[PDB]
Engineer: 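I'd like to talk through a structure of carfilzomib (bound form) bound to Proteasome subunit beta type-2.
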Amino acid sequence: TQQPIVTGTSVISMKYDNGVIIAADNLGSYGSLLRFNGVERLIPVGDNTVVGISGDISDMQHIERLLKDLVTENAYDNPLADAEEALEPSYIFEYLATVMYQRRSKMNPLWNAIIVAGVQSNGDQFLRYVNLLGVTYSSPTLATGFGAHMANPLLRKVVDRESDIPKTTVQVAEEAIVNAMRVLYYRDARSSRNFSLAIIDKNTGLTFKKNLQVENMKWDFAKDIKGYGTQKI
Amino acid sequence: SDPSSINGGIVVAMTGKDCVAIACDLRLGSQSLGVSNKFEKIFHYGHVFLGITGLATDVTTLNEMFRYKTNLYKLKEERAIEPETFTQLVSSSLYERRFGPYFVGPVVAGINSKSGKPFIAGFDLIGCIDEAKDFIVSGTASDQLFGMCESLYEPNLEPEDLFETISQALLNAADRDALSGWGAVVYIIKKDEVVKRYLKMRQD
Amino acid sequence: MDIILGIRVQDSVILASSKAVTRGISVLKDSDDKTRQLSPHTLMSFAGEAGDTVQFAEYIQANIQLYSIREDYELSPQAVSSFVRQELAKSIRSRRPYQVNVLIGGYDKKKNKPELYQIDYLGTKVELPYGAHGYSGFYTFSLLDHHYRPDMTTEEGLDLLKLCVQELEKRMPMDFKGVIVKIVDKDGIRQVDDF
Amino acid sequence: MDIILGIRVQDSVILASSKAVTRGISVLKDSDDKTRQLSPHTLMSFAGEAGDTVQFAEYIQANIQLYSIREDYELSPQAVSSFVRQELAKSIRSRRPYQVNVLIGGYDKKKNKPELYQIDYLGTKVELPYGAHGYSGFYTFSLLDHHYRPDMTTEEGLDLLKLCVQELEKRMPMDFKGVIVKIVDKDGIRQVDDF
Amino acid sequence: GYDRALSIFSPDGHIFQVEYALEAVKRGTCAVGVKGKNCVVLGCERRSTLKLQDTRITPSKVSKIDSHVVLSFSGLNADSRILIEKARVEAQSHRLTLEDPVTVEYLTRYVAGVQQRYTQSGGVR
Amino acid sequence: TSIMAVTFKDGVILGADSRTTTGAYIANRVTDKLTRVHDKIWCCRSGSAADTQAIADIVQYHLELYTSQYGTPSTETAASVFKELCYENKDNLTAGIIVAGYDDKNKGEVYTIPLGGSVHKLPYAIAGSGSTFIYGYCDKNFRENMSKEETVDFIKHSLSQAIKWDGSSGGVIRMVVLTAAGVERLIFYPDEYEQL
Amino acid sequence: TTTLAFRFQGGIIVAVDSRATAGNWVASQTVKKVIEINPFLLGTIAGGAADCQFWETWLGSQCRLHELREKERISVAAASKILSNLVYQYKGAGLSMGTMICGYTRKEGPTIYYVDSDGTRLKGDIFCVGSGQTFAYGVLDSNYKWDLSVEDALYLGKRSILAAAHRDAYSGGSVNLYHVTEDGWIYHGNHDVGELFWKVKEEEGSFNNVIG
Amino acid sequence: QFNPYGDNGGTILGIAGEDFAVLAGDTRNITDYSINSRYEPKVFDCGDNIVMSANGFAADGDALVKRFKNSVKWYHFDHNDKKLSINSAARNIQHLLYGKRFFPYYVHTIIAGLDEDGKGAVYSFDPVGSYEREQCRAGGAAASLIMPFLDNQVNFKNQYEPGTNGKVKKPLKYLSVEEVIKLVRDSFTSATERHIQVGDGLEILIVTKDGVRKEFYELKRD
Amino acid sequence: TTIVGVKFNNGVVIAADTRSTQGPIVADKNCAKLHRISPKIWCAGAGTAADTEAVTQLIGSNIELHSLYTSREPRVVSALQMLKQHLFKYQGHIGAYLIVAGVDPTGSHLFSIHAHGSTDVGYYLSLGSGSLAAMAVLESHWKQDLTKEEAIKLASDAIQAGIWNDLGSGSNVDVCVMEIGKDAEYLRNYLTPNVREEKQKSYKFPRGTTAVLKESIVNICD
Ligand SMILES: *[C@@](C)(CO)[C@](*)(O)[C@H](CC(C)C)NC(=O)[C@H](Cc1ccccc1)NC(=O)[C@H](CC(C)C)NC(=O)[C@H](CCc1ccccc1)NC(=O)CN1CCOCC1
Ligand SMILES: *[C@@](C)(CO)[C@](*)(O)[C@H](CC(C)C)NC(=O)[C@H](Cc1ccccc1)NC(=O)[C@H](CC(C)C)NC(=O)[C@H](CCc1ccccc1)NC(=O)CN1CCOCC1
Ligand SMILES: *[C@@](C)(CO)[C@](*)(O)[C@H](CC(C)C)NC(=O)[C@H](Cc1ccccc1)NC(=O)[C@H](CC(C)C)NC(=O)[C@H](CCc1ccccc1)NC(=O)CN1CCOCC1
Ligand SMILES: [Cl-]
Ligand SMILES: [Mg+2]
Ligand SMILES: [Mg+2]
């Protein structure tokens, strides 16, 4: 039995024609206090997987160490560690999914929601979700927390089903993600303007973008809004 | 101690071609104990039919209340109340007891004597009107009735066919609910004749 | 207050009501009559919360007796039962409801028919050929389902009633100290002294 | 499980134990023997939580019978009662205690004296001239305070016991379906078939 | 815990410890069992080199396992007490679960099973 | 919420963020928490949106009726009416209100009214969830008889920090200037105040 | 549930309903509540479905192991006590089981043992177990005699379940009959209440409360 | 306080024919009022002509299926590649489920296949392992809607022969694979209409002596 | 529910879905959530169905009496004030969450009211279980100086987001357009993107399938 203390908010992601995109803001909230502002919640594993984590940050840092240790362990007695026997997104996910369920089953969960985004060795896109309960599911778009309520609707307008994936380019897909991050800044009280974004492409590989900001915001109309009903001044 | 599921019971209503049907089970129990197998849940005020599920004391009370109000209506208006108007009266009366409600699931059914249009409607316990073209369901086996009606129903059924559809909807739903059954009644309502049939069903 | 039964036969209504009055670990009385005569051809047995039962029974009795004097006329069992139900239907939504369950056995002189009504504390009325309140029903209903016939005589009804009491005395956990049986028919109400 | 009594007289110990076994609103059995013979001259009646009672009684019985075989010798009632108390004294501070109250009636062959011990589920032992567990004591103790004499015979003890059962049958709320009476004396243990 | 395998096979296919245990039995005082048409009789030898004994309190050679079964023996006296105790407990345990006293075959099978277990358990003779 | 009112040389300035929340969801990101109870008597609202609106509506009604009979009310009078409602209905209200107004005699005045219903007259006042993070800053930086430009900068920098640290505060920074000249509304957007 | 079994002149009658409920939801009408432990032993089940089924299926394995080890069929007393000692270990853990171990052996004769999940174990001639046990008791007790014929005893058992199936909301489906003799148990068919009720009503003239 | 269970919604359906059996289930996965996936399969081929679905709490459902799939694997290793019969699989699953009697898998499990006589078989399990072979079973969120419809259309309950005065019942008969799939599709479209947790897609696994075939159908996405 | 409101050039538009739930069950697949307070003041309602209907009719009735008394067309702020004061008095126990919009002599207006009696002003608003799905669309596509046709499109798109992504919303899209100087047009079932597909089979029973015990003519006449 836990309660989460320092927490991270939404992680959003989607598939596109050649790969996957995933994003998450750089905030570590302490209840209503926006305590930490330099927190990276996207963690790359190799050059073909990115694990996006929301929820408790102490448990996130534990999971970081596990993934870091997983790479080390895989390299042991493995001449093909940087080739055929390298870590796949599906391997990394199933490992985490095993841990998450084992921990919930011992009534001592890792208080997180995780999205493992990556590209497999055969070029297939990998995108799957797992949480503190050990619950797992996959979809063309995946999001945690407020992302599930606000991002998914927007991302599903681009990729509503499987057949829409080949039709979606990296330009269109990234635009939708960046737009979603803005909407979350408008409406999520535990979000920040600064965020990180990662693209895993089957051709161009892993592109990790840091220190992004929400921009092109609409606030001008606020000046015209006066009172809450009658008031004219 | 859930008022709506102490006594048990079900009501279902359907529309057909120039006709409506309303049906109910006959069980009145006290939780597990079956007490009465003659407890009818469908009443009528003129040509307007009202079915009521839920707490039996309120079923009785509301029948007596709507008999009261429709009798005064008829004396003052000098005509029988219509289904559309009666529906509004039920909604008013239930919402009047908003913060101390009758624990019931009423169902109005009938044919408007002026326009000849078939009419059915349902309510929640605080009087929210649920109007419908196809069918209305109510009672402890409402989930079951929803499933039966949604699959069995088709529009513009003749009275003789409509009887079979509603009867099978009620019977098979009642047999999957412990607190419903113990007999059943089906009213087939045409413009100026009404046939009442007692169904043979399993008595457990 | 525990066991109250009722059986409507061809020409009469028979009410059986337990004699025991218990509080705590003591049977305070074993000769208690759990019934009141509402009118010459109408009898009401009762069972429920202590104090409430008699207070309610006598209040109903007073009201029916007042009606009888005012109109110089006896109300029908159907009319009495409807009056009683409404009182309980009001009661349930009061600050402190009457926690009383009743059986109303009566003989309708206009119809020349016996009538048995079962009403619970919520105001739930049902006309029945045989009725019971409390845990009694869990034994007696199934027993009567089997042995009861609609055309039985009063003597056959009493034997049918003996069969119920025997079963209750065998399987009920509490000692209810037997029953007082009363018969309601065309000639009024009378008590069976030897049961 | 409800009524267990015990009366030590001049030359014997008499144990009376109710026959009823009830669960819910049903008397499942009316001929239950709530006692076990621990040794030829020692008898233990018991009452308490369902399952626990018989499980505990038989466990004690097994242990005493094992002792008898090992030493080819019968333990004294005092020694048996002390063994039983210690078992219950351990039990009470266990994860799940035995919720069982017992009476141990025995005849000490070395002293040529009857002995009655009353032990509750906590392991509280007392030697008494007459004893009871549960609500029974609230009637029987005061009755025995009045009528009991230490020099009574077994026949006088049975009449004194009849007086207790009559009072319980009159004032107890539950029907306990009579009692099985057993006598423990110099000649061992025997059951009174007609009571 | 002391684990040593004391009872083991030898080249010729014998377990010497079991066979040397038989020699101890051969040393013990004689015991005889004869069963008639409606009875069984257990006879036992007591060596007469021991005078000034107290026959009241000296452990008897024949032991009651239950009220209907008896056990006599030949061999080490201290060892016999352990088997008798185990058998007496199993006799009461059987009455408790099966609600019926042990058969003579069952009790024998149990005692024999205990003896066997000590021929292939580590640390014991 | 984050709200404040500051007196200065020419009068008084009210300041507020624009965030309304339901749990962690932002129900309204362009809220106007600075509300008019009289020509030159305004208030900052914090706590329950329903309660503060109900209260402010009643106070506006009372001061309008006061003006019809006895002429323009004092800022103290307005705060007294707010107090009377908050104090007498303390068991059923969640409202933290700052009252600010401009008289010609009394110049700029600020009264704060916490949960209890007590009244406190101050040179400046801060309130709302996000005010906790700027007690240190506001105490160190506040001066009496500041200019208009200095007071606007003081409120802007203060609410900027409150917004930065409090998740329950954000959006635009609204301000209302109360002087002899009249009533001026000011607004400041994220792109300006965030990078202060 | 409703289950009964009674002892009489011609052996033992055992009768059960077949309903299974999850609250007011009728989950099944075709559940087998008589477990056939061996040709001479039967077990009734009432309470938690999984608990009853799992542990009485387990009981049959323990009884099988007994006759392998002892070269003799297990007694009804010993069988019932294996089960009662098992559930006693789980006492407090929340098992819900109301069972009756019925069977014949040479030494015991026809025997019935009531066993439940709070450790109670009782030998007796008549027992009714389940949510509708009281309804069965009413009909059974009022018509029971030791000198009943095999034909009349079978019917009384069937009629008692039917009575409970009718009144008890949490009992019904169909009646499963069994007869236990010195030669072993004999199955006497599955009787759907849907047809059996009307058949009994017409022929017997009972159930006058119901609209015919 | 931490609650280890959740409700992932969805609904499943098993129907048995004479020489075949179907196990259907919608592809929608949900938590509260949000959709997690519009296509997340929960009906699985487990080998030996056994199809399985464990609807309810997906994490427990996946755990159970994963363990049974593994149970089939080790059954082959330990018993000379013997085929696990549907009745044996059912009993094995009971022990898996009851094994966690005091911390249950919150799932309604259904398996389908062919019995040893080659005839269609459907077994259903409660969360703690009580099982029963049936011709017909619906499980999950919309089970209460679908099941009575199946009683009426598969087992012909409450249906009598016309003109026989309700004396002769409608005779039982096996249904064709074509007729069964019609009942499955109608059951799920009806359930989609009236239950919010049911929709998106329908995936049916059909089991014959030849093997395991699949069929997919669109459902309403609201 | 999902409900929205969007301001435009010469007026205001509101919209709503048509699903009505009872637990997880869809009670009404096509209920009307757009209520008429006065001819040119309309109201979208979310929350407790009876309350939104009752509170809107009561205020609508009093607005009519007020309009007759004052000989003036009613104003949106009057409806707003009367609603919020009523709702506040009942401390949230009347579970009505409303989007109030309309045109009056003062101009075009758009407000929202919550159950506890707080009101908000805006150019675009959304309430109900699917308000987050709707608001995401509104935040992504809204701009200043929308035309009539653009506002209807944006409004219906916001409702659609709720229909598809929120389980609490579904079925059809109702719209009401309130332009200045014109009659308000109520567009019932403006979009119907959730039509039930043809059933695979007809379940019309042979006449005489149901067993009957009694028949009787019922007297409805005097
Ligand atoms: C900052 C944000 C905090 O101090 C400011 O003080 C502002 C003041 C402005 C808006 C005037 N305060 C709020 O925004 C205020 C915070 C709050 C919340 C709860 C109690 C008191 C204060 N928010 C509200 O009043 C919102 C406004 C609505 C969305 C228009 N209302 C709610 O959150 C309602 C309030 C119900 C209530 C509870 C106790 C006392 C009074 C009112 N709450 C809910 O609807 C419950 N909600 C359901 C969904 O799950 C999360 C909780
Ligand atoms: C009469 C018929 C009723 O009491 C009998 O006593 C029968 C005995 C027969 C079946 C052997 N009893 C039941 O039918 C029994 C009643 C009951 C329920 C719960 C606890 C104790 C007794 N019903 C069950 O055991 C059902 C059988 C299924 C439906 C075939 N099982 C459940 O209700 C399961 C398991 C309950 C449970 C017990 C112990 C630990 C964990 C769980 N629960 C569900 O299926 C829950 N479910 C989820 C949503 O769908 C509705 C049902
Ligand atoms: C979306 C669809 C939310 O899901 C919308 O917000 C719609 C608003 C439209 C209809 C105007 N909301 C609903 O559909 C609403 C959801 C809801 C449910 C419960 C509480 C609050 C909101 N549904 C209802 O109001 C239904 C209307 C029916 C289908 C006609 N009513 C019920 O579900 C009632 C609730 C009554 C109630 C009383 C007191 C306080 C709050 C609510 N519930 C029942 O009737 C259930 N039960 C049946 C057995 O008899 C006893 C009552
Ligand atoms: Cl506000
Ligand atoms: Mg029943
Ligand atoms: Mg939806």
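Lettering follows sequence order; numbering is per chain, from 1. Just so you know, ligand 1 is whichever comes first in the structure, and atom 1 is the first atom listed for that ligand. Heads up: this isn't the whole entry, just a piece of it, and contacts are only counted within that piece. Per deposition record, X-ray crystallography, 3.0 Å.
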Engineer: Which chain letters or ligand numbers go with carfilzomib (bound form)?
Structural biologist: ligands 1, 2 and 3
Engineer: Using a heavy-atom cut-off of 4.0 Å, which other chains touch carfilzomib (bound form, ligand 3)?
Structural biologist: B, I
Engineer: What covalent attachment, as residue and atom, does the entry give for carfilzomib (bound form, ligand 3)?
Structural biologist: I/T1 OG1
Engineer: Which UniProt active-site residue of chain I is nearest to carfilzomib (bound form, ligand 3), and how far (heavy atoms, to 1 Å)?
Structural biologist: I/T1, 1 Å
Engineer: Provide the name used for chain B in the entry.
Structural biologist: Proteasome subunit beta type-3
Engineer: State which organism the entry records for chain I.
Structural biologist: Saccharomyces cerevisiae
Engineer: Which residues and nucleotides contact carfilzomib (bound form, ligand 3) at a heavy-atom distance below 4.0 Å?
Structural biologist: B/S4, B/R98, B/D124, B/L125, B/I126, B/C128, I/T1, I/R19, I/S20, I/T21, I/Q22, I/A27, I/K33, I/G45, I/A46, I/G47, I/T48, I/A49, I/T52, I/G168
